[PDB]
Amino acid sequence: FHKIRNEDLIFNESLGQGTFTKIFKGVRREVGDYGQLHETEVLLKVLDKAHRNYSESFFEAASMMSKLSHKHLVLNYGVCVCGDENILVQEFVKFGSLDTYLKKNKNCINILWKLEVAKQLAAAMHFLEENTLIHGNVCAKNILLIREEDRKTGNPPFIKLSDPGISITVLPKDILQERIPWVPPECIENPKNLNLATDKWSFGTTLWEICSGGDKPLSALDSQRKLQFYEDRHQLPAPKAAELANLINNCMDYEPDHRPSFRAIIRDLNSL
Ligand SMILES: O=C(Nc1nc2cccc(-c3ccc(CN4CCS(=O)(=O)CC4)cc3)n2n1)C1CC1
């Protein structure tokens, strides 16, 4: 990671919190191309001091996203580890997390918009699968909207996938259960089962979110009931807009070996 000075970072408004983290919009003062000085908008992710013992995993997650370069992956700019802080410095995506956007703009998102976003997410995941690189936390809140759809110019929306955060392989069990049905059944049974097939399952859950206007599946179930949901081998209900329900259920296969490749997922999406 590139090291960024604390004095070059300005923390501004809170964007909420993640698991053991707080997130802010900020500004990074930097020398850019041609030596020009810039004050660049950045996403600042801060590991809670009380959870400093996760620092390794915290940075490993981000390092995953910098292992490769791709148009659908959020950029890491660097880290600030001055003093008692563990800070990730990332690209700031103008329109933010997709679940919030879906909840706010549900009354004007149609099947074509959803198909474009689904195809872009699948393209990103196909890139990761070809590189045998596990993401491990695919979900709508980790999809960021770079550009809105502009039908006046035919321009489709454009999204990127953000870093997965601290890995489910080290998180407490109660958090994993709260993350049902994004965390697949085999990872509830054993978080060390994290594998490429994990991201196919979570991709299914994320499509469900995209089709459900930002609703969270199984939100009315407490952790014990989410566990039993897996134990009874239930599937998610079809969204009212049911165009992707079969793909959702095919990806959310309780047999990890049977989940379709992302190449096959993309072929399916292109057939609609
Ligand atoms: O937020 C914006 N851009 C932006 N860029 C990036 C780049 C990387 C990561 C993020 C990001 C920020 C926050 C979150 C969690 N978060 C908590 C409250 S929640 O309501 O559940 C919606 C999601 C998740 C991802 N972001 N976010 C624009 C709208 C102001």
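Residue numbering in chain A adheres to the PDB entry, whereby the residues present occupy positions 537-808 in order. We use all heavy atoms of the structure for the numbers below, so side chains are in, but hydrogens, waters and symmetry mates are not. Atoms within each ligand, like the ligands themselves, are counted from 1 in listed order.
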Enquirer: Hey, which of 7-ethyl-10-hydroxycamptothecin, AT9283, GLPG0634, GSK2269557, R 77975 is sitting at ligand 1?
Expert: GLPG0634
Enquirer: Count heavy-atom pairs within 4.5 Å of GLPG0634 for each chain, then name the one with the most as the PDB entry does.
Expert: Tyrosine-protein kinase JAK2
Enquirer: Please confirm whether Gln553 approaches GLPG0634 to less than 4.0 Å, judged on its heavy atoms.
Expert: yes
Enquirer: Could you list the atoms of GLPG0634 found under 4.0 angstrom from a heavy atom of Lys677?
Expert: 24 (C), 25 (C)
Enquirer: Indicate yes or no: does an N/O atom of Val629 lie under 3.5 Å from an N/O atom of GLPG0634?
Expert: yes
Enquirer: Which option, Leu611, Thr636, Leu551, owns the non-hydrogen atom nearest atom 22 (C) of GLPG0634?
Expert: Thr636
Enquirer: I need the atoms of GLPG0634 closer than 4.0 Å to a non-hydrogen atom of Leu579, numbered in the order shown.
Expert: 6 (C), 7 (C), 8 (C), 9 (C), 10 (C), 26 (N), 27 (N)
Enquirer: So what's the organism behind chain A, according to the entry?
Expert: Homo sapiens
Enquirer: At under 4.0 Å between heavy atoms, which part of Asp699 makes contact with GLPG0634: side chain, backbone, both or neither?
Expert: neither
Enquirer: Using heavy atoms and a 4.0 Å limit, tell me yes or no: is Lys561 in contact with GLPG0634?
Expert: no
Enquirer: Go through GLPG0634 atom by atom and flag the ones less than 4.0 Å from a non-hydrogen atom of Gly632.
Expert: 1 (O), 2 (C), 3 (N), 28 (C), 29 (C)
Enquirer: What residues, by chain and number, sit within 4.0 Å of GLPG0634 when only non-hydrogen atoms are counted?
Expert: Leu551, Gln553, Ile559, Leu579, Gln626, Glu627, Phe628, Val629, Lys630, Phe631, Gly632, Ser633, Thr636, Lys677, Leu680
